[PDB]
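So the structure is just underneath, and the comments pick up after that.
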Amino acid sequence: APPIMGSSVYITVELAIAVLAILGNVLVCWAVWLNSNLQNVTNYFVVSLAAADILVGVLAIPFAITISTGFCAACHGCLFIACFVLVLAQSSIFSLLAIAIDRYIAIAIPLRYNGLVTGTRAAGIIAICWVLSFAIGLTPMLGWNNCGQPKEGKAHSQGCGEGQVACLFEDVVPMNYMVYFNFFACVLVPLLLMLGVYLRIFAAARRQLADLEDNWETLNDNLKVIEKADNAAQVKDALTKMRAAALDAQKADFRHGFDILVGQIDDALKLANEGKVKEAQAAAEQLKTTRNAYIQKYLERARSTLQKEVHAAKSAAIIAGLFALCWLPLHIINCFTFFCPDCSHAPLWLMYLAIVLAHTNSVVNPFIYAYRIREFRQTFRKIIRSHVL
Ligand SMILES: CC(C)CCC[C@@H](C)[C@H]1CC[C@H]2[C@@H]3CC=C4C[C@@H](O)CC[C@]4(C)[C@H]3CC[C@]12C
Ligand SMILES: CC(C)CCC[C@@H](C)[C@H]1CC[C@H]2[C@@H]3CC=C4C[C@@H](O)CC[C@]4(C)[C@H]3CC[C@]12C
Ligand SMILES: CC(C)CCC[C@@H](C)[C@H]1CC[C@H]2[C@@H]3CC=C4C[C@@H](O)CC[C@]4(C)[C@H]3CC[C@]12C
Ligand SMILES: CCCCCCCC/C=C\CCCCCCCC(=O)O
Ligand SMILES: Cn1c(=O)c2[nH]cnc2n(C)c1=O
């Protein structure tokens, strides 16, 4: 078949992806700009990620279409066309890693979060990561390239000028760079890092949920103990273990609820020390009202916050996971090309599918926010509804 037919399918799909990438990610940026409830440090990395995905539609996909033709070009110009997408992919990895660390700090040291993680510091991190993304993605331009060993047969067969090559990705970008440097070091290692961070996030959330439940059962168990104890030392032992358990919970109207609880325990405790057991039990039984009134509400709000954080972190993890799914095939095909030179090159149609799937990643982020985060979903509706209506 004439190549122009298969290439017409490839180009049409690439342009379709470019349109979806631009529209969806413009909506993400628009949403964060308008809605103050979306303006947090976490979402500044989301916007940086959306900007990279817009750039895939506006620049990388047109570059990808161009380099598929093998057009004649100065090798360093070709290199820039071939490698710019690597800058955007690297920026996305830094943004994904930053989001994971952000959510980890939020769950592990909430008290210190807003003091550590600020808009000003985030903006600085985003600027540094973009600079590093240019350095990593355009490393071939610094001399790690095959511009020095041009394919002269292809150059003259295609009728290129001198100094010019048939501009093809695999002719100009070295496969050792793509496999060892780009894939293993700059992509795979950060992805495994994010896996580790997210693991630590879910473990932290699970431990804090358990601790909450433990304090609640420990406050309820020791109550029953006091109600059935026939000795003043039994009441004292239990009440001392409730005071500790209450003071851990305090740190972990609610602020008043705790002062009442500690006070009522201190009351029932001084009675117990004086031998007044029935009076200690009577004083201990008022804790039920403080528990019903205040403690049960603080337990349930704190449980609600942790669950919201587990949801947000799962949402972020899906986006990191989707990046991996969409990019691994292209990276794995490169590994086969590099490591198995006795293996037939992956056919053109599968190369096209791998490239298109990597580009498709720049579409998916907006759907995940829409499906998994109400605050974005609501703002999407309002930006669409107030432009339709
Ligand atoms: C839209 C704005 C922000 C940036 C767009 C600039 C892009 C389109 C420019 C910047 C550098 C340019 C390249 C620089 C040099 C060459 C070598 C020449 O033999 C063929 C064209 C080619 C490969 C150019 C293609 C277009 C190019 C990639
Ligand atoms: C989730 C992480 C661990 C995924 C990364 C695994 C990658 C690096 C693995 C998965 C399958 C592997 C390939 C399987 C088979 C072959 C054929 C052999 O002749 C050369 C190595 C080569 C080409 C391997 C290279 C590395 C490879 C691509
Ligand atoms: C879900 C993701 C992470 C896994 C996808 C793995 C894909 C990329 C794997 C599965 C089987 C693989 C193919 C198995 C055998 C060959 C023949 C060889 O001559 C060229 C590479 C080629 C054609 C491989 C290319 C990559 C391949 C298609
Ligand atoms: C903000 C929009 C920016 C413009 C987007 C369009 C970019 C087009 C990309 C590459 C076109 C360059 C390839 C054409 C060179 C042909 C030279 C030749 O005839 O050998
Ligand atoms: C990122 N990337 C690759 O890793 C690759 N491998 C072969 N062609 C490729 N192309 C066109 C590409 O854009």
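One is the number of the first residue; the rest follow in order along the sequence. For this deposited structure, the header notes the method as X-ray crystallography, 2.4 Å. Just follow the structure's listing: the first ligand is 1, and inside any ligand the first atom is 1. The figures here come from the full heavy-atom set of this structure, side chains too, leaving out hydrogens, waters and symmetry mates.
- The name given to the drug at ligand 5 is theophylline.
- Ranked by contacts, the top partner of theophylline (the one with most) is named in UniProt as Adenosine receptor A2a.
- For theophylline and chain A, counting UniProt transmembrane segments from the N terminus and using heavy atoms under 4.0 Å, the segments found are 5, 6, 7.
- Closest protein heavy atom to atom 12 (C) of theophylline: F169 CE1, 3.4 Å.
- Of the heavy atoms in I355, only side-chain atoms (C-beta onward) come closer than 4.0 Å to theophylline.
- In this structure, the protein non-hydrogen atom closest to atom 1 (C) of theophylline is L330 CD2, 3.6 Å.
- Using a 4.0 Å cut-off to heavy atoms of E170, the atoms of theophylline that qualify are 7 (C).
- Applying the 4.0 Å criterion to heavy atoms of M351 picks out, from theophylline, the atoms 7 (C).
- Taking a cut-off of under 4.0 Å to the non-hydrogen atoms of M178, the atoms of theophylline that pass are 4 (O).
- Looking at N334 against theophylline, only its side chain comes within 4.0 Å, counting heavy atoms.
- Under a 4.0 angstrom heavy-atom cut-off, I67 registers as lying outside contact with theophylline.
- Around theophylline, within 4.0 Å by heavy-atom distance, are found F169, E170, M178, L330, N334, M351, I355.
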Theophylline: which protein N/O atoms lie under 3.5 Å from its N/O atoms?
residue: theophylline; atom: 4 (O); partner: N334; partner atom: ND2; Å: 3.0
residue: theophylline; atom: 6 (N); partner: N334; partner atom: OD1; Å: 3.1

